[PDB]
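Summary heading: complex between Taxol and Tubulin beta-2B chain.
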Amino acid sequence: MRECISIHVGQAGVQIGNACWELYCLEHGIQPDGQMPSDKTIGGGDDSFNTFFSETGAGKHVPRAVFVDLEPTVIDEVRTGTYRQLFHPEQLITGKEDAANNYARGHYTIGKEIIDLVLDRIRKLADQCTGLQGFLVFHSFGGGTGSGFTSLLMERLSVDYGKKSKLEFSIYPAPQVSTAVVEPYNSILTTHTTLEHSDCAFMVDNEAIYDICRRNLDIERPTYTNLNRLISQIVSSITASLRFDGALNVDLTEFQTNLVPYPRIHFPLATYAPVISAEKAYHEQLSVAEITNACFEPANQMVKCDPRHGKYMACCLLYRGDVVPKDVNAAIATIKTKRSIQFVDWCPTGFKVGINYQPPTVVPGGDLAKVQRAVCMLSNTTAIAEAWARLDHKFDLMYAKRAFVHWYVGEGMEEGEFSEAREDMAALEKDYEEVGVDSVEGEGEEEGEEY
Amino acid sequence: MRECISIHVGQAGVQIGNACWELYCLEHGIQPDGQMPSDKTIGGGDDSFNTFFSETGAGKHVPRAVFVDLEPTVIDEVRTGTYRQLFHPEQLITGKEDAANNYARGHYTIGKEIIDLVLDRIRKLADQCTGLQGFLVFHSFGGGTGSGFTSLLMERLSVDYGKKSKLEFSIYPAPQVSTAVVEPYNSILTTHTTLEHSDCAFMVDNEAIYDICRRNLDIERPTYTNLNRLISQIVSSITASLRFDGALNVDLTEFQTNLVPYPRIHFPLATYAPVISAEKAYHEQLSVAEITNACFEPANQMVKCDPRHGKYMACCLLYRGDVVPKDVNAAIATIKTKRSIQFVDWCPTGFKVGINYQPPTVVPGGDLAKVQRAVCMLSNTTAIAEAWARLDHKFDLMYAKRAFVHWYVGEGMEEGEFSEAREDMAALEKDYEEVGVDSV
Amino acid sequence: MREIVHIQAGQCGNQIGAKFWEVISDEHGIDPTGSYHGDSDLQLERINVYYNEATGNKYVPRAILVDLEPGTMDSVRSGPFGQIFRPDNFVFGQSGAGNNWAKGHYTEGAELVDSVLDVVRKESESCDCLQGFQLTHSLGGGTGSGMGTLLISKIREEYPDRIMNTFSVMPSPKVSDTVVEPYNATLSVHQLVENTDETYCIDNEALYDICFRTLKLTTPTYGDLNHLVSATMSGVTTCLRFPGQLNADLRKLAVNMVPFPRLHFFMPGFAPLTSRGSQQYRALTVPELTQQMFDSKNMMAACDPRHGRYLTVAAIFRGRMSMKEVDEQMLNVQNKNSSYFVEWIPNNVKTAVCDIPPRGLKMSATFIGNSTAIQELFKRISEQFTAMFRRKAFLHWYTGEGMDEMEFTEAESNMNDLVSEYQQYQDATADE
Amino acid sequence: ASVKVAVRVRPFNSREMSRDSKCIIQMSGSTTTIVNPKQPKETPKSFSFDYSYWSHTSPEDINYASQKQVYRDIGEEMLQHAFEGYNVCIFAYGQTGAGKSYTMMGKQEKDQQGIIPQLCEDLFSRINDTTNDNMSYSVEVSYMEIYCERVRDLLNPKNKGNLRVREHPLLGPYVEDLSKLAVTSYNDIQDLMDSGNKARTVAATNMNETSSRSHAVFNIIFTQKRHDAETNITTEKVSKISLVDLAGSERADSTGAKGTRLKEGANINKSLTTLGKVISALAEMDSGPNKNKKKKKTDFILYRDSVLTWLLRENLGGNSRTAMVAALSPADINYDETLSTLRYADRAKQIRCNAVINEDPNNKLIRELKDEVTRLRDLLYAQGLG
Ligand SMILES: CC(=O)O[C@H]1C(=O)[C@@]2(C)[C@H]([C@H](OC(=O)c3ccccc3)[C@]3(O)C[C@H](OC(=O)[C@H](O)[C@@H](NC(=O)c4ccccc4)c4ccccc4)C(C)=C1C3(C)C)[C@]1(OC(C)=O)CO[C@@H]1C[C@@H]2O
Ligand SMILES: Nc1nc2c(ncn2[C@@H]2O[C@H](COP(=O)(O)OP(=O)(O)OP(=O)(O)O)[C@@H](O)[C@H]2O)c(=O)[nH]1
Ligand SMILES: Nc1nc2c(ncn2[C@@H]2O[C@H](COP(=O)(O)OP(=O)(O)OP(=O)(O)O)[C@@H](O)[C@H]2O)c(=O)[nH]1
Ligand SMILES: Nc1ncnc2c1ncn2[C@@H]1O[C@H](COP(=O)(O)OP(=O)(O)NP(=O)(O)O)[C@@H](O)[C@H]1O
Ligand SMILES: Nc1nc2c(ncn2[C@@H]2O[C@H](COP(=O)(O)OP(=O)(O)O)[C@@H](O)[C@H]2O)c(=O)[nH]1
Ligand SMILES: [Mg+2]
Ligand SMILES: [Mg+2]
Ligand SMILES: [Mg+2]
């Protein structure tokens with residue numbers, strides 16, 4: 001009834017997809033083989049929710065997803081793993097070499113010969129849907145595939161469908177740590193297609209999530225599984241309003257209407273307040289006010305950027321569990337009195353509220369405590385520009401001497417499709433500076449005259 | 001015979017009619033179902049008096065009345081109440097909404113499409129009559145129906161019948177208390193009806209009757225039922241000379257002859273003297289002098305006017321009970337001896353007297369006490385202009401800014417029709433301030 | 001007969017409706033299955049105002065449900081009274097307005113309006129003599145504002161004689177649930193000021209304050225707010241359904257309340273509210289009802305009546321009481337507070353009395369006030385509107401659906417004209 | 001400048017002859033006197049205006065007012081002001097049977113033409129005579145009716161849909177899709193007129209065989225283009241001429257209205273009452289501050305309660321020179337209604353116009369600065385200081 005296709009590209013996308021689909025199957029009571037014995041025990045119900053799963057005659061449920069990659073190594077783990085019987089066999093792997101941290105190879109030397117099949121499968125999936133809400137693309141900057149093939153796929157999807165919404169959940173390069181040397185080129189070349197075609201893009205950072213895991217959950221040696229679980233919780237909180245019943249429901253288009261002021265500034269940050277270990281789940285009340293306050297703490301941000309250095313253009317709070325609107329109004333009122341949190345003068349309201357009844361689930365073997373109230377906050381702010389500026393510096397230090405450039409031009413790329421991207425990025429960095437300035441004092445010349 | 005037709009219009013008229021017909025039925029011995037056991041127990045007499053009741057072959061007595069309203073919510077209470085079998089089934093509701101306190105709706109748009117039925121029923125009722133004397137119209141100013149539809153009906157009746165007397169019993173707006181914001185417009189717009197087509201208009205005020213109930217009857221929280229019962233008593237005292245025997249009888253034409261010196265001044269006041277509770281009915285003689293002095297008290301008037309500020313032009317006293325003419329001739333003298341009561345120069349006589357033997361009856365569950373001597377006074381004086389003048393002031397305060405005017409215009413009335421009416425009203429005031437100017 | 005058609009649009013209007021039909025059903029005596037199981041004989045005498053008859057002695061509510069999301073329809077059907085309403089009246093679509101006024105008014109609602117109007121025509125044709133309409137919605141959302149004003153315009157075009165009412169839940173000063181409230185509120189008021197006969201201003205903050213300070217509830221929810229709104233809704237129309245000493249149709253209230261056409265925004269109130277544990281201390285009589293009714297903290301619009309002047313006020317009492325006491329109390333509240341009443345209307349209180357009170361109460365009263373202080377509310381929205389229109393904060397979502405800036409400018413101008421009109425009588429002096 | 005006021009009396013009609021009546025109105029010069037039939041020889045009233053017109057007695061020329069006389073008196077000055085650059089407007093007024101239409105339309109078939117075709121004749125003759133190599137004119141027309149708070153086009157072919165009214169933020173209210181058509185000759189505009197008058201909605205009443213059920217406005221946009229390609233600019237001046245034929249005030253008991261006619265009369269009366277309130281309030285507003293203190297008290301006038309007042313807001317007050325033509329019935333029967341008209345005519349005289357001639361601001365400033373600089377330079381050069 002309200003369908004959403006999920007597209008996962010690259011190793012990061014596929015692994016986050018594993019975490020997300022584990023969470024969804026645990027949430028709706030579907031076994032890893034697709035059967036749902038809970039419905040048989042109940043004798044009938046709507047548990048086969050159409051937002052993510054499609055039902056066949058025999059009761060088997062198949063997810064609405066499309067996995068893509070160029071290395072067989074990652075998809076082969078899924079094809080012989082615990083969820084081998086859940087997915088359709090069409091996993092869309094390119095049985096060849098990989099892009100190898102090269103944007104050009106991902107875009108238009110190896111991205112071809114696989115894009116057509118992917119688009120055909122997406123066409124079949126969309127035809128099965130009786131009313132679409134949008135797409136959810138999971139990818140990663142820096143990697144060759146997740147940049148180039150993502151750019152090509154978004155271009156083709158925007159041409160073919162056009163009106164439907166398109167959201168992203170991407171891993172931005174961290175300020176200090178990185179697992180590659182040619183990351184900035186890939187990120188800068190990706191920014192154009194991230195800007196023109198996508199409608200609302202969320203960004204996260206591995207360093208921030210590492211710090212959150214260290215400080216809050218008391219895990220000294222985390223791995224990618226915990227980070228993927230946290231991102232899965234974020235996405236589930238985003239999409240919970242389409243599935244379960246609630247007092248105030250927020251559709252996917254409501255996010256876009258209430259969160260982006262102008263078409264070019266659709267880069268909000270995300271946060272999840274009650275991250276706490278089972279041991280520390282006690283000794284604390286975890287009331288609505290506490291989690292709402294924690295959402296605004298600069299230390300809990302999932303991107304290495306300080307909100308105190310900018311201004312909040314807009315915010316959107318999604319609550320889940322035992323919450324009553326009165327406490328939400330009180331929380332927002334007390335937040336509006338603090339002077340550290342700054343709001344641009346042209347958005348006096350600056351808040352969106354959504355409440356859902358289903359509380360979050362617990363994954364067996366996880367590291368998050370069972371709680372009765374949760375909140376996910378999405379903030380459109382001007383601090384994020386700082387992060388971009390840092391990455392931009394790195395790009396220049398490698399492009400002055402034309403390092404690692406022959407690999408890119410050797411795969412059919414002109415040298416001046418580089419500088420071009422930089423200029424585009426610079427223009428974006430201007431707009432975030434322009435919007436955040438307070439309205440000039442008495443913007444309409446001066447007033448006061450005869451009546 | 002001596003026969004009258006009663007027309008009740010609007011909620012106030014219908015409720016006053018309920019009280020009035022309860023009183024008449026109790027007076028004559030007619031049960032609520034219309035049967036009179038007194039006929040089968042006595043075998044004679046004329047207790048089926050034709051002044052108010054028409055007799056059928058089976059022995060049932062149907063009243064001579066016409067109830068009218070533009071909503072069903074009020075008259076339906078009669079159709080499913082205690083007196084459902086007394087009245088004829090034809091009660092003339094308009095199967096629509098009400099006039100909404102709007103003169104224009106009640107006179108031009110919604111007031112029509114029911115006038116024809118009302119006229120047909122009145123014609124049928126008057127055809128059965130054999131000496132019809134006059135009409136009694138009960139209504140209330142300030143209501144859309146009671147103003148507009150009453151005006152339309154009065155015009156049609158004057159055109160059709162012409163010579164029959166048409167008395168009026170109306171509820172004038174009070175100076176201070178009120179239950180609608182647009183009362184002055186509706187009250188001023190209907191001066192033409194009461195001034196041109198009516199023959200004698202009696203007015204009362206809710207505040208005056210509230211004060212009388214609070215003081216004389218010791219009722220702290222009265223409601224409309226007591227007011228209706230008192231007005232019913234006054235109407236009965238007016239009409240009693242037609243039905244029962246008496247030493248001096250007064251017909252309706254005699255009332256009109258003695259209370260109306262000139263055509264345009266037919267606006268007398270009415271008072272009823274022995275209003276007293278059962279507990280206070282003792283400790284007092286309630287003789288003729290006491291009751292006839294009670295009529296002249298400013299505090300016992302039924303409209304908030306002070307008779308001391310004007311001059312008495314005519315007076316008519318109607319006694320019911322054990323009263324002998326001697327005691328009546330002696331009081332008329334004492335009140336002529338007193339100097340606080342002023343009579344105009346051109347009326348050397350001043351007083352008309354009538355006496356009837358039938359004493360007033362008591363309604364079960366009522367508040368008036370049983371008494372052996374009663375008197376109803378009707379007095380034509382110049383003080384009534386005061387009650388008019390205040391209202392005119394109110395009208396001005398709303399007409400300078402044209403407040404609440406588009407409702408009237410949207411229903412077919414023209415703006416100038418307001419102003420014209422006001423001038424007419426002013427002229428009326430001017431003539432009651434130049435019939436007293438002492439003659440020179 | 002005086003028959004009313006009810007329409008509900010959006011989540012807020014739909015839920016308020018639900019609780020209105022649970023307060024009007026008990027008062028007449030209707031089972032959830034539609035059968036009648038009452039006691040008194042006056043409950044069926046005027047049932048046809050809000051209910052149509054069906055062959056099995058059944059009574060179906062004469063209502064119409066509208067939305068652009070199936071979820072709210074499903075919630076109402078899966079409820080205690082979901083089976084009482086006619087299935088054919090559940091008009092809805094998919095791909096809701098998305099909190100966008102343009103989508104509700106121009107793009108998405110333009111398709112569903114034809115079906116809703118067909119249902120409205122069918123329902124109105126079956127009536128014997130139609131009195132008027134009434135519609136419940138919230139001005140802060142897309143579906144409510146858009147389709148409500150569109151339907152109001154269409155119906156007023158087709159049925160010009162009949163009276164039209166609205167019960168609007170309007171943006172709160174501090175409380176905010178959506179970011180683009182000012183645009184929707186301005187664009188909806190631009191139509192409401194033109195195409196309606198009465199409007200009642202509801203605000204969430206006032207209801208929360210009443211629940212806290214007067215009813216002493218610890219955890220209010222939307223059900224209590226719907227409860228209060230439903231109580232006022234029933235009290236307004238009580239005089240059409242039960243007998244009394246003084247009667248007041250909706251048209252009579254409109255005539256007595258609206259001095260000029262562009263002043264039909266009202267402040268509602270109800271009495272008594274006692275907090276379930278202090279009734280044993282509080283007496284019940286007409287003076288205390290008037291005292292609670294004219295108090296400033298009782299009003300449901302979050303506008304202080306002491307900051308302006310009462311143009312005109314109306315009181316509908318329900319119970320068995322004396323008329324002298326009522327008249328004396330209204331005169332007293334006039335005379336003591338003469339500074340707050342306009343001088344060029346000699347008497348500006350309308351009074352009505354009905355005999356049958358609510359089921360569990362011995363007396364009750366409802367209040368409809370018309371005062372200048374409401375202008376304050378509009379000013380707030382206007383200020384906020386400017387703060388987002390000076391820079392085109394969220395404009396491309398609207399212009400993308402077939403709109404232009406001229407509409408925004410004229411919508412602002414009309415509200416400013418209304419505020420100036422209300423202000424003209426506010427200040428003292430004026431006089432003759 | 002004040003709003004000019006003209007008053008004109010028509011002769012008796014058959015309705016006033018079958019039921020006997022007498023002539024109550026007199027006039028001398030610009031003053032008109034009203035006698036009271038109900039209270040005669042008590043208080044005869046007099047009122048002073050800009051023009052009074054006695055068209056009662058056609059056979060005699062003693063102070064007789066023909067159509068050409070009234071036209072030469074007001075329409076010629078309005079057209080001259082329009083040629084200067086002003087926007088001008090003269091609108092009728094009166095009660096059902098006052099002859100408001102006979103004054104603004106007249107009879108084309110006779111020489112006794114109204115004040116709409118004679119302007120058109122004078123305008124077309126003037127532009128045809130004054131046209132040159134360096135002088136050209138562009139003239140366009142529109143005509144709209146207000147039936148019951150809905151605007152309908154008469155020039156357009158059959159278009160059932162009603163027209164929406166918008167508010168340009170700079171230019172004020174206007175109608176959207178009003179069929180504005182250009183004209184080049186008398187015959188073209190005359191045919192447009194015949195179509196428009198045939199399209200107007202009319203009905204028969206007991207007060208008038210052919211009465212009007214709608215207000216009607218005639219707008220002419222006139223463009224003066226001076227074409228000196230070396231020096232001057234084209235489209236030098238733009239002006240608006242508008243004439244209004246309001247519907248007559250209905251009385252109901254003396255018209256026989258019923259059903260649909262009564263509803264139309266109610267709507268007409270509401271519109272006229274709103275217009276009267278606007279007139280009185282505007283006169284008060286312009287009278288008070290002008291003489292009281294000049295404080296500019298912020299009592300604002302309200303035109304939003306009727307589409308008629310909204311459309312004519314500029315003409316009622318602001319950038320327009322405006323005048324009134326009150327038609328009157330002489331019979332005693334209408335003595336009240338006639339009197340009201342006279343009073344409202346008086347309230348029109350106190351109203352003030354605030355009208356200016358303007359062009360593109362850059363052109364005006366450049367021309368004025370050039371003139372000043374030329375004068376200063378000439379003075380300097382004449383004295384040898386340049
Ligand atoms: C012991 C006693 O006196 O019980 C009362 C009571 O305590 C009070 C507190 C009731 C109670 O109301 C509340 O507590 C309440 C809470 C939130 C929102 C609204 C009300 C009562 O629930 C409400 C209930 O009202 C009714 O029974 C009316 O018929 C009422 N019914 C409903 O609204 C209704 C709701 C759901 C289902 C069916 C009916 C009504 C009022 C106006 C118009 C129509 C109907 C009454 C008298 C009481 C209780 C039960 C405690 C009061 O409610 C009203 C509005 O009448 C609170 O103000 C009054 C004062 C009463 O004294
Ligand atoms: N949060 C998170 N980030 C990941 C994960 N896996 C990879 N990444 C990030 O992704 C970056 C590498 O890009 P990928 O898209 O995974 O590379 P790829 O998919 O193999 O495509 P190629 O570059 O062509 O090899 C690394 O720098 C990581 O920071 C993961 O499981 N979780
Ligand atoms: N004395 C007395 N006066 C009453 C009574 N009922 C109503 N009134 C008066 O009637 C006035 C209101 O006008 P109504 O007569 O009720 O209006 P209506 O006749 O119902 O006509 P509509 O307004 O169209 O319904 C009030 O000022 C009351 O004083 C009553 O029972 N007794
Ligand atoms: N001064 C006049 N000389 C000759 N004929 C006249 C004169 N005044 C009116 N008439 C005729 O009598 C009729 C009444 O005039 P008319 O202009 O129609 O009234 P009006 O003011 O337009 N009111 P309405 O009838 O509602 O439009 C017209 O048809 C004229 O032909
Ligand atoms: N009183 C009341 N208000 C509500 C309720 N639900 C939502 N609202 C209000 O409605 C506003 C949102 O409007 P919405 O229902 O989304 O409008 P729609 O999207 O067009 O249907 C918020 O400001 C809420 O305060 C409710 O149950 N009761
Ligand atoms: Mg790879
Ligand atoms: Mg009534
Ligand atoms: Mg005409």
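Labels below follow one simple rule: chain letters A, B, ... track the order of the sequence lines, proteins then strands, and each chain is numbered from 1. Because only heavy atoms are used, hydrogens play no part in the values below, and waters and symmetry mates are left out as well, while side chains stay in. For ligands, and for the atoms within them, numbers begin at 1 and follow the listed sequence.
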Location of Taxol, all copies:
ligand 1
Can you list the other chains with a non-hydrogen atom under 4.0 Å from Taxol?
C
Tell me the organism the entry assigns to chain C.
Sus scrofa
Give, by chain and number, all residues and nucleotides of other chains with a heavy atom within 4.0 Å of Taxol.
C:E22, C:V23, C:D26, C:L215, C:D224, C:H227, C:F270, C:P272, C:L273, C:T274, C:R276, C:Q279, C:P358, C:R359, C:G360, C:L361
